[PDB]
S.K.: 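Just passing along the structure, written as structure tokens.
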Amino acid sequence: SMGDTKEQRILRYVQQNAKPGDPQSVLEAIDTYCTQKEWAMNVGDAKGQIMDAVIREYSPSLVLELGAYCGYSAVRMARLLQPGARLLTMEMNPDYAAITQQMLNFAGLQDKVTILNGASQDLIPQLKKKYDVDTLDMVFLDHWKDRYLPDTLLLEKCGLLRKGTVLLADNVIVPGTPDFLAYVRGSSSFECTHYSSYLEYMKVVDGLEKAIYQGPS
Ligand SMILES: C[S@@+](CC[C@H](N)C(=O)[O-])C[C@H]1O[C@@H](n2cnc3c(N)ncnc32)[C@H](O)[C@@H]1O
Ligand SMILES: Cc1c(Cl)c(C)[n+]([O-])c(Cl)c1-c1noc(-c2cc(O)c(O)c([N+](=O)[O-])c2)n1
Ligand SMILES: [Cl-]
Ligand SMILES: [Mg+2]
Ligand code: NA
């Protein structure tokens, strides 16, 4: 880092307003700061509640997140994981990864979440043999939108999905992931559900796609 950034200001706002070890207060602080002061690409409170419902329904034991940013969604999912369950979050921006680690420490979720430093297209094919992953129980896609489809394909080709694995994809309407949608909605290897919501901190309509893997063809 070379100066003050939006992401550093978000982290400072958490550290000055939230309660350490209280994930809810961390999420409220980030949402308050980004509603009142600086828009940011956190998944946000409205879409977060859909995320909350998915986590509580499927109780995943191992979650992979693509795109950590400041750690909002990592904190948001990890606080609802069952004891022993784990979240891996991939982040290629080292400055963001350092912020995310500080957010996890502050929220008290550092023992449940591991930051993988690097790009998803490089790390996903290495998950089985470098990070000892068998299969993933849930995947949250929220990185650059042109990577949703090839990384989904990569998750499939690398044998990281099993029957019942949950793919939850942010931003499928805005900025929009039409190619990802057409793939998962048109493949009999996925059962899809679209969740109406709003772009974080705005009243532009957005949505999440839940795509449940059904096993190989
Ligand atoms: C929208 S932010 C994620 C926000 C986070 N999921 C939340 O709701 O709090 C997208 C992040 O993905 C990272 N990113 C983009 N492409 C990536 C890739 N191929 N592999 C790993 N990280 C990537 C960017 O650095 C950025 O931090
Ligand atoms: C803010 C905004 C508005 Cl007001 C309008 C009208 N439109 O059309 C657009 Cl496209 C945007 C917009 N740009 O980027 C994002 C965004 C949101 C994410 O949740 C996310 O994850 C990522 N990302 O790049 O990872 C990007 N949203
Ligand atoms: Cl919101
Ligand atoms: Mg997003
Ligand atoms: Na634990």
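Residue indices begin at 1 and follow the sequence shown. Because only heavy atoms are used, hydrogens play no part in the values below, and waters and symmetry mates are left out as well, while side chains stay in. For ligands, and for the atoms within them, numbers begin at 1 and follow the listed sequence. This deposition comes from X-ray crystallography, 2.6 Å.
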S.K.: Mind telling me which of opicapone, dapagliflozin, carboprost, vamorolone, panobinostat is the drug at ligand 2?
M.R.: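 That's opicapone.
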S.K.: What would the PDB entry call the macromolecule that lies against opicapone with the most contacts here?
M.R.: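 By the greatest number of contacts, it's Catechol O-methyltransferase.
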S.K.: Do any nitrogen or oxygen atoms of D142 lie less than 3.5 angstrom from nitrogen or oxygen atoms of opicapone?
M.R.: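 For opicapone, there is an N or O atom that lies under 3.5 Å from one belonging to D142.
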S.K.: For atom 11 (C) of opicapone, what is the closest protein heavy atom, and at what distance to 0.1 Å?
M.R.: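 Here the closest protein heavy atom is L199 CD2, 3.9 Å.
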S.K.: So which heavy atom in the protein is nearest atom 7 (N) of opicapone, and how far is it from that ligand atom?
M.R.: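 For atom 7 (N) of opicapone, the nearest protein heavy atom is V174 CG1, 3.9 Å.
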S.K.: Checking a contact table here: which protein heavy atom is nearest atom 22 (C) of opicapone, and how many Å away?
M.R.: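 Residue, atom and distance for the closest contact: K145 CE, 3.5 Å.
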S.K.: Of the residues in chain A that UniProt says bind substrate, which have any non-hydrogen atom under 4.0 Å from opicapone?
M.R.: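 Of the UniProt binders, a heavy atom is that close in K145, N171, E200.
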S.K.: Do any N/O atoms on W39 end up under 3.5 angstrom from N/O atoms on opicapone?
M.R.: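 Among all N and O atoms of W39, none is under 3.5 Å from an N or O of opicapone.
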S.K.: So which heavy atom in the protein is nearest atom 6 (C) of opicapone, and how far is it from that ligand atom?
M.R.: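 Of every protein heavy atom, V204 CG2, 4.3 Å lies nearest to atom 6 (C) of opicapone.
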S.K.: Should you measure from each heavy atom of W144, which atoms of opicapone turn up under 4.0 Å away?
M.R.: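 By the 4.0 Å cutoff, the relevant atoms are 24 (O), 25 (O).
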S.K.: What are the atoms of opicapone, with element, lying closer than 4.0 Å to any heavy atom of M202?
M.R.: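 Result: 4 (Cl).
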S.K.: Looking only at protein heavy atoms, which one is nearest to atom 19 (O) of opicapone, and how far off is it?
M.R.: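 Its nearest protein heavy-atom neighbour is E200 OE2, 2.5 Å.
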S.K.: Around atom 15 (C) of opicapone, find the nearest protein heavy atom and jot down its residue, atom name and distance.
M.R.: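 Of the protein heavy atoms, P175 CG, 3.5 Å lies nearest.
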S.K.: Is the contact between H143 and opicapone made by the side chain, the backbone, both, or neither, using heavy atoms and a 4.0 Å cut-off?
M.R.: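 The answer is the backbone of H143.
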S.K.: Do me a favour and list the nearest non-hydrogen protein atom to atom 20 (C) of opicapone with residue, atom name and distance?
M.R.: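 Ranked first by proximity to atom 20 (C) of opicapone is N171 OD1, 3.1 Å.
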S.K.: Relative to opicapone, is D170 under 4.0 angstrom through side chain, backbone, both or neither, heavy atoms considered?
M.R.: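 Looking at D170 and opicapone, just side chain atoms fall under 4.0 Å.
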S.K.: Specify which UniProt Mg(2+)-site residues in chain A come within 4.0 Å of opicapone, measured from their heavy atoms.
M.R.: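 In chain A, UniProt binders with a non-hydrogen atom that close: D142, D170, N171.
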S.K.: Which residues form the binding site of opicapone (heavy atoms under 4.0 Å)?
M.R.: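 At that heavy-atom cut-off, the site is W39, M41, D142, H143, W144, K145, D170, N171, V174, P175, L199, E200, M202.
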S.K.: Report all N/O contacts between opicapone and the protein shorter than 3.5 Å as a table of atom names and distances to 0.1 Å; if there are none, say 'none'.
M.R.:
unit_1    : atom_1 : unit_2 : atom_2 : d
opicapone : 19 (O) : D170   : OD2    : 3.1
opicapone : 19 (O) : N171   : OD1    : 2.8
opicapone : 19 (O) : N171   : ND2    : 2.7
opicapone : 19 (O) : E200   : OE1    : 3.2
opicapone : 19 (O) : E200   : OE2    : 2.5
opicapone : 21 (O) : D142   : OD1    : 2.8
opicapone : 21 (O) : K145   : NZ     : 2.8
opicapone : 21 (O) : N171   : OD1    : 2.8
opicapone : 23 (N) : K145   : NZ     : 3.4
opicapone : 25 (O) : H143   : O      : 3.3
opicapone : 25 (O) : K145   : NZ     : 2.9

